[PDB]
Asks: 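Working on a deposited model featuring dasatinib. Questions ahead.
The chains are labelled alphabetically, A first, in the order the sequence lines are listed. Sequence positions for chain A are given in the PDB entry numbering; the residues included correspond to 5-171, 189-352, in order. Just so it is clear, chain B uses the PDB entry numbers, and the residues here are 5-171, 189-352, in order. No hydrogens, no waters, no symmetry mates; every other heavy atom, side chains included, goes into these values. Both counts, for ligands and for their atoms, begin at 1 and track the order of listing.
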2 protein chains.
Amino acid sequence: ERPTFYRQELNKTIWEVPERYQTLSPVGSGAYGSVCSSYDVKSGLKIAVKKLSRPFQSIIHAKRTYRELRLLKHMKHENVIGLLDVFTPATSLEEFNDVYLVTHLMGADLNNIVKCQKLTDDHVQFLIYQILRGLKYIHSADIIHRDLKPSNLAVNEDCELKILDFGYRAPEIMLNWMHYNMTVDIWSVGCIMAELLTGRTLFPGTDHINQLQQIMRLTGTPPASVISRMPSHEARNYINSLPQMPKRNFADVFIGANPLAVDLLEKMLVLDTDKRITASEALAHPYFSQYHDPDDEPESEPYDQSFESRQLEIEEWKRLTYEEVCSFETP
Amino acid sequence: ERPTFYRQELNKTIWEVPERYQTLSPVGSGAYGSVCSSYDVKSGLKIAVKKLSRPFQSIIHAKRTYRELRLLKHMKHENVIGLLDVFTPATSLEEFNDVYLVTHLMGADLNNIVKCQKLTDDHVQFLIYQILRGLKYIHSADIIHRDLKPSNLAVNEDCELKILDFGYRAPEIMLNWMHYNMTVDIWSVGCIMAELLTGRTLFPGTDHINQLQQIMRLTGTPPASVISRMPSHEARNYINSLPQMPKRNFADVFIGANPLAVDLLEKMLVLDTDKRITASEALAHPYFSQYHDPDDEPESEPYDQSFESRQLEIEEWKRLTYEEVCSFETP
Ligand SMILES: Cc1nc(Nc2ncc(C(=O)Nc3c(C)cccc3Cl)s2)cc(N2CCN(CCO)CC2)n1
Ligand SMILES: Cc1nc(Nc2ncc(C(=O)Nc3c(C)cccc3Cl)s2)cc(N2CCN(CCO)CC2)n1
Ligand SMILES: Cc1nc(Nc2ncc(C(=O)Nc3c(C)cccc3Cl)s2)cc(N2CCN(CCO)CC2)n1
Ligand SMILES: Cc1nc(Nc2ncc(C(=O)Nc3c(C)cccc3Cl)s2)cc(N2CCN(CCO)CC2)n1
């Protein structure tokens, strides 16, 4: 049965939400859609409400809309943002033209978590452990489109963590993405953890290619196999040798740090993509002895993404979307 | 001997330019600096004058400034933007805080060449020949920092073309950049040529990973070697099979096109990075039979980029820059 809806204008756009979602307040926005904090009277919790920007303008917008709705529906893990409600003021498919997604509200982005200065080792243990627990689960789903990453992490005031869904190209580039999508994740975590222990950026370049040179001061130079197939000799020269800079080592960089943190980082911040630590291995590490529960670290159910390779008109995506909204049982 | 400088305010910023550069008119801008068209009285030609944005604010701005000055100083090829003049109103290193760079003016971006509707096949031969002549020269300079790209091409009205210098990361990503930096270039050109012949984007995605699926429709699926080392079986499944969409083939897509144009594209738009045609091979190809001159397709002089590996304070880069400004002889 359709609940009483109520209508209001926030930042020059019309919001029509169910009775339960009171005291809407705009927190921020991006291309995807606008978000509002709201007090859900029913369950008595401060909540997040998103209204999608023109969800069925184009095929891309339409599939994008359906994708996010399917993903947050599937994501059921205490470290990954999940769908609490989805709704529309529309009462028929023809009329249907406005979609709202509802989740829990996290209060602090990554870029605020760093500056959130006074952090005990325990907070770091907990934060990193949660990203890893999330990551294990996220990798297990094999999500074709990439919306969940470590950098999208979000944190409410007691350090409880969730990974949100935000925060001409040659084939060899995107094949490389697929190839290393899990490895790069654990590099991000590594960088993130480092910043939580020091408060400074770990690998600051003058630019992105100079960034590689910085990384290697800690990681060492690539294996012969990687170097011997660079497209030129001057390319090999750039990655087969460090220039003579002052010597820096892990023990130096993370001096005040719990030595187990330094151990963990020495297995995360490794250049050899194969030798680098995997998420579920990283969980078993001694640094997380408090938190590590091998039977409380679940993988995902298979996730049917056959939709990703269907080529459909706008109206076909809109129908799929509206079928999901009407099917949704609010937990 | 310092010429007479004159001063004016253009877009709330003070421009001080030598007597010869009259009738300054702003055309466009980027984070690097703002650009003006100007009538150079001396050589009597419409010219481009760029004023660098706060060139010595930080180390990055300072090295950046120096790099661009070294690059365009080194680049001497008629398909690659080159430095005609660099100047400063400053008369001592302590004063020195503003820098201007002068090149030829083009007046048509890539995104303006597409829509430039009625183009003979001749225009395409000539446009594509010049990018390839460029790229050969560019690739041969082994330029550590990437500012010169196919997509950065610019054109004047008689179809004369020049490549301009504008248009947390894991090591495996940038290592990959280095690896394929030449092969991706030929992919871009392939894509550009395709559009020139048709007017539609060749590989339209819904998103970037979906684009790989679009590409494979034409290129087929990756070799077993590329497949057998994806990080999951679901990834293996994405790239080991096309889904059953309409069959599409090169001959179809480029129907009205010169058949030799199609031949070249079937050698450019190849997935296997090794089999893919190289810039210099693409030159020798029958499609540019009238333009191809193997003794007029020069490689670069070595380019001393030892500076890219130096860590220097702002003031050190500012002196190198100032030294280059005073040393420069205007052709
Ligand atoms: C834009 C923004 N969002 C914040 N929190 C959010 N939580 C969850 C969000 C979200 O979009 N959920 C969601 C929904 C609803 C649907 C589909 C998918 C998803 Cl993932 S947005 C906090 C925030 N700030 C306020 C507090 N500032 C200072 C800290 O002291 C920092 C900035 N700004
Ligand atoms: C590692 C990586 N992945 C990217 N995107 C991906 N999309 C899909 C991916 C993929 O593996 N999906 C997948 C999975 C997980 C399972 C089965 C099947 C499939 Cl298909 S990976 C983008 C990206 N970068 C672009 C942006 N750069 C920052 C500049 O702003 C950083 C580098 N890096
Ligand atoms: C930003 C821009 N630049 C244009 N031409 C240029 N030529 C060379 C440029 C340049 O910056 N040189 C340079 C310099 C000086 C120093 C260092 C390095 C370099 Cl590379 S800028 C044309 C243009 N327009 C777009 C299209 N519009 C509509 C047509 O209907 C006309 C105007 N916009
Ligand atoms: C192929 C590629 N290269 C990138 N940058 C490079 N920097 C340095 C490179 C390099 O090979 N230098 C070099 C050379 C040439 C010789 C000797 C020694 C050296 Cl060090 S290649 C970035 C990049 N991207 C993917 C696509 N994204 C599009 C977003 O819109 C942008 C980022 N792709």
Asks: For dasatinib (ligand 1), which chain wins on contact count (greatest number of heavy-atom pairs under 4.5 Å), named per the PDB entry?
Replies: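 By contact count, the main one is p38a.
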Asks: Give the letters of all other chains that come under 4.0 Å from dasatinib (ligand 1) at a heavy atom.
Replies: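 Those reaching under 4.0 Å with a heavy atom: A.
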Asks: Okay, next thing: residues with a heavy atom within 4.0 Å of dasatinib (ligand 1) - which are they?
Replies: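 Heavy atoms within 4.0 Å: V31(A), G32(A), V39(A), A52(A), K54(A), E72(A), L76(A), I85(A), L105(A), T107(A), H108(A), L109(A), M110(A), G111(A), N116(A), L168(A), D169(A), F170(A).
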Asks: Provide the organism that the deposit lists for chain A.
Replies: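 The entry lists the source of chain A as Salmo salar.
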Asks: I'd love to know the other ligands and ions under 4.0 Å from dasatinib (ligand 1), if any.
Replies: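 Found none.
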